[PDB]
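The following structure holds afegostat.
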Amino acid sequence: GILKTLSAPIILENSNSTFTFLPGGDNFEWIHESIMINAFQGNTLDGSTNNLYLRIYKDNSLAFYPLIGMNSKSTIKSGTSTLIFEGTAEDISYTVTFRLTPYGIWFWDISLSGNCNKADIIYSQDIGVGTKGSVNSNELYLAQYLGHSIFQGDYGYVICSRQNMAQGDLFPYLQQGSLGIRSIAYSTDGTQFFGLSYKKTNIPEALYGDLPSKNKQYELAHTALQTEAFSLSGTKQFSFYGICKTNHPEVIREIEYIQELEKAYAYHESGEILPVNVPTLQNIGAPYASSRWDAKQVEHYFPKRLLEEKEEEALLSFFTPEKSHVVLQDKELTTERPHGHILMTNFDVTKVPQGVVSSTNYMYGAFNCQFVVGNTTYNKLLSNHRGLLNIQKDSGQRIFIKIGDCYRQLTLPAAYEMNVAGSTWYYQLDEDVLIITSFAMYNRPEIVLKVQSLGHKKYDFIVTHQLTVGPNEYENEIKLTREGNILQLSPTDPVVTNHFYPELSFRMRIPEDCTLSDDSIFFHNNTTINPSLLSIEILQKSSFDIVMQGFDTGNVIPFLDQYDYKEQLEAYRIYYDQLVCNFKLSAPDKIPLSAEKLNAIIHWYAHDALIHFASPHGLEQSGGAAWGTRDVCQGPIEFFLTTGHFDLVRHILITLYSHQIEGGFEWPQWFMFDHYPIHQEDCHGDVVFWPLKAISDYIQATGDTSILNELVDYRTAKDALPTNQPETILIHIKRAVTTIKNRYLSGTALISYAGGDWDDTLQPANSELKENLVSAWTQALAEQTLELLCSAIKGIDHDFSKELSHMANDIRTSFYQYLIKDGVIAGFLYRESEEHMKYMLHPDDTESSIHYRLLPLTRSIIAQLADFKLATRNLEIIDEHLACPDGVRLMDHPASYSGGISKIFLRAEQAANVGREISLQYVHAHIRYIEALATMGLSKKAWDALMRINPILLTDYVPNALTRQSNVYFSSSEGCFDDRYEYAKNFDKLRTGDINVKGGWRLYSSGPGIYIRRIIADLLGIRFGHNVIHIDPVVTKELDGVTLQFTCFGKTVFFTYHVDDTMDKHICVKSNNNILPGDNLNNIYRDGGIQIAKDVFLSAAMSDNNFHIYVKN
Ligand SMILES: OC[C@H]1O[C@@H](O[C@@H]2[C@@H](O)[C@H](O)[C@@H](CO)O[C@@H]2O)[C@H](O)[C@@H](O)[C@@H]1O
Ligand SMILES: OC[C@H]1CNC[C@@H](O)[C@@H]1O
């Protein structure tokens, strides 16, 4: 069987515009010249996110009715550019006329007939305002750059929106308002309209009240307008309108296009407008959310609880001794981002993995989205999760359960339990509990769904699956075959449609007695709308399973007889223990809370880091697949070096060097690491340093200078294909170093900024800024990297090593000579020539509102480039200008924002949303601050900083932090500022904790891996070198008497810490009371740690594996 693709059957056209709808009149794709206007495509079971609601007020009730889409009771007629919806709501008769005019302008003309005392209308419209590709790739991201301006016109509120992030070359625009009726209130974000409560109730919260009339610049661009209320006795008529422009290079200052709007309003099509068939749902009800569990029920299902989070004495979340994290219903209804989880199969940890199976799931009944095998974008069976509030709830795998006469889609459970192997949902039903589990198999490319009635009661179910079989829903036809209870799914025309994985297939094992269809079973007349919705009806069962297999290379394996969760959980526990070298903190007395948070989080961060490495995607950032060049060089390499996964790092490095670009001899920004030849050949200015630093770190850790002699190819810039001109890794390095030498500004060793540094929002706004800026952060990184390379290469190429030392020293000299003034490292220097220089992000830049930058302060310290005086000053500057309760900030003031046009920096001046790097607390940079503090031996500050970004019981540690998912990494911390203007004005509230702060994007980040390295290597102080162990703790007094279990060179040992201010030496290490000999480490800021030979360490370990570490702060 060939599954066809969904095509929207209602197609409205007019000059430069194609607006399509599903048969219920739900929005599908609204396109004006290449610009997609809506944010979300409707689906055949939920409809679309937009609507028009009639509300009727009575003395004892408020009622609300959708007028459009499949949830209205509307009949529909269509012409070539017009739709007419007709129906009744109570005893009001209505018509809604949709018009698509030639002017990139549309209208919803409403007509109401009847008799009632008080009514109003709410207009509701999700908005994208980007190319179709940008919208599809990430709606949240696109929304962040969509800047809303609010005005009063003739008929109250009008909302004008400019997309600040370039779409092709264009800055597109929307305007929305009302005509013939006043819009008395407005909102601009989906969180305002639907509310968090929607995730349980399935009712938009705003429908019960008044819109707030505030512009919230967040991730769910969603315009709502509320009319003045009116009585009806007779007929009343009025319209809403929209305007789309593909390019509006200026900032928005006023209502525009008034004359065009008037011309468009006179527009009517000449053609006939004829009835069309509207399909209707059959015995399908509203969604089903579980009732909440009370304290007694929680206690019964979860008797053993740790790290309990409570708010007003109600339990929100907790951890278990089995290493699970459990989230109770009330917590999800208070987190702006939805609780979720990524499952990933195990792989051989000595090699770069391939064909790794992954799946995403979310608390609110998204049981399996984005099931993939290998490439997370292309090698996909199930559609991605989108949005935040589950308005569109048809993606991936979903479950309907028959309650009374009606199938009801499961949404919000009573509890949601995550472990590294699986997720479990607990739904309270009438006198029963339904348990759903989606879990990864060990050693097999499988995810398994199990459904179990606890009371062994029988139910009817429909399990739906929005198929892709490729990167996107609705894009390609699918080949589906069935042999008994085994389905096989694969792309049609696999060689051609997939040159690179021509054998890509999937299989599903389905229950014995089930029937198979598309969405036809949902509809009264059995009409198929979406043929790629794979529906499985399972009648009168108390349990069932669906087993899902992925094969990137067609190595099909038979299904097991029994699929047991517990066995997988046990195998994954061991794999994750080994991955972190059996890390475990203990004490004989009460373990300190900080240590208890580290034991709980270490395995969660290891999982996040391993995903970031092997299966590169996140929760919000679903579109990844590739390795970022600077990304793989940080989180994964630092994680793997810390835990002794050296063979893996070697293989990563070989793969990485194979992706260096022929000719330019830099790296791409990102590249696929599988068989897909895709990369981004244009790079930022810092990227080149990262593979150089990483190979040098690898060489220092292992002594494996052999890597330098490996013969390794390059890739071509344009088509990302192998060049078949291999050279030694040493020569790869020499070529990359030449690109660095050629960046010196003339007369100096100042490294030109080029395409930007670490901060992707700080790309230069023009070519003069690109050529003439110098990033002090980049300068410091260069110095550091070239010094590290010098050492790594010293034994192999004496001469190149001397040239590397000269470079590093000249860079060092220029750093001190040009980038420091009055003891303050400037964030940037602008140097057109010796005669025309200007500091930026420095106190001398008195024109600017920004006078301090974090990044150079931390990197200069990490590298031991900053002398003690400068390091000490750096820390005072942080304390006085950058330090907040939620961590250290990237600058002392926000980047400029003046309506979206860039002057100096690109995305930093374009983002309308206070979030991501624009939040100024980008957690990765805070982690480098921790690293800097550790380098300086400042244990109190370091451990305090470690805790400020630890999501476990975060609200207890940082009182102004809003709670968020406690078992996942959060990438940023942003003040609750609705727009950039308020953010600038009341910025200082961040320093003093007088504004709440909330978490950013989850999971996908270098953070988890570099956090793990801070914990183990820098703070606990256990680091590895060539046949040596380095012991160099930076611990507080509360770690006195605490022990770390850690596997060293394959031997489990126990490091017990003693903090002793009265010692003579800085450090002493003892086993069986014998002092271990070794040499002192080099550190310009404090007394160094100790280097102990591996044979010596291991010999002591054989007699007594309890090492006692005496350290003086
Ligand atoms: O997706 C928005 C996000 O993109 C960030 O950049 C990407 C990076 O995180 C990822 O590792 C690679 C490979 O998939 O693609 C991109 O370079 C960017 O740094 C952020 O500013 C944006 O928020
Ligand atoms: O701009 C800060 C960071 C954002 N995510 C990708 C990283 O490579 C980058 O440094």
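All residue numbers given for chain A refer to the PDB entry; the residues shown span 1-1113 in order. As the structure lists them, so they are numbered: ligands from 1, and atoms in each ligand from 1.
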Item to complete: Specify every chain or ligand assigned to afegostat.
Response: ligand 2
Fill in: Chief contact partner of afegostat - name in the PDB entry
Uncharacterized protein
Worksheet item: Can an N or O of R916 be found at a distance shorter than 3.5 Å from an N or O of afegostat?
Response: no
Item to complete: For atom 4 (C) of afegostat, grab the closest protein heavy atom and report residue, atom and distance to one decimal in Å.
Response: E917 OE2, 3.3 Å
Worksheet item: Can you tell me the protein heavy atom closest to atom 5 (N) of afegostat and the distance?
Response: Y922 OH, 3.7 Å
Practice prompt. Mark up the atoms of afegostat that fall under 4.0 Å of a heavy atom belonging to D631, in ascending order.
Written response: 6 (C), 7 (C), 8 (O)
Worksheet item: Who's the nearest protein heavy-atom neighbour of atom 9 (C) of afegostat, and how far?
Response: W758 O, 3.2 Å
Discussion item. Polar contacts were defined as any N/O atom of the residue lying under 3.5 Å from an N/O atom of the ligand; does this apply to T761 and afegostat?
Written reply: no
Worksheet item: Relative to the heavy atoms of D759, which atoms of afegostat are at a distance of less than 4.0 Å?
Response: 1 (O)
Worksheet item: What are the neighbouring residues of afegostat within 4.0 Å, counting only heavy atoms?
Response: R630, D631, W758, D759, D760, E917, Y922
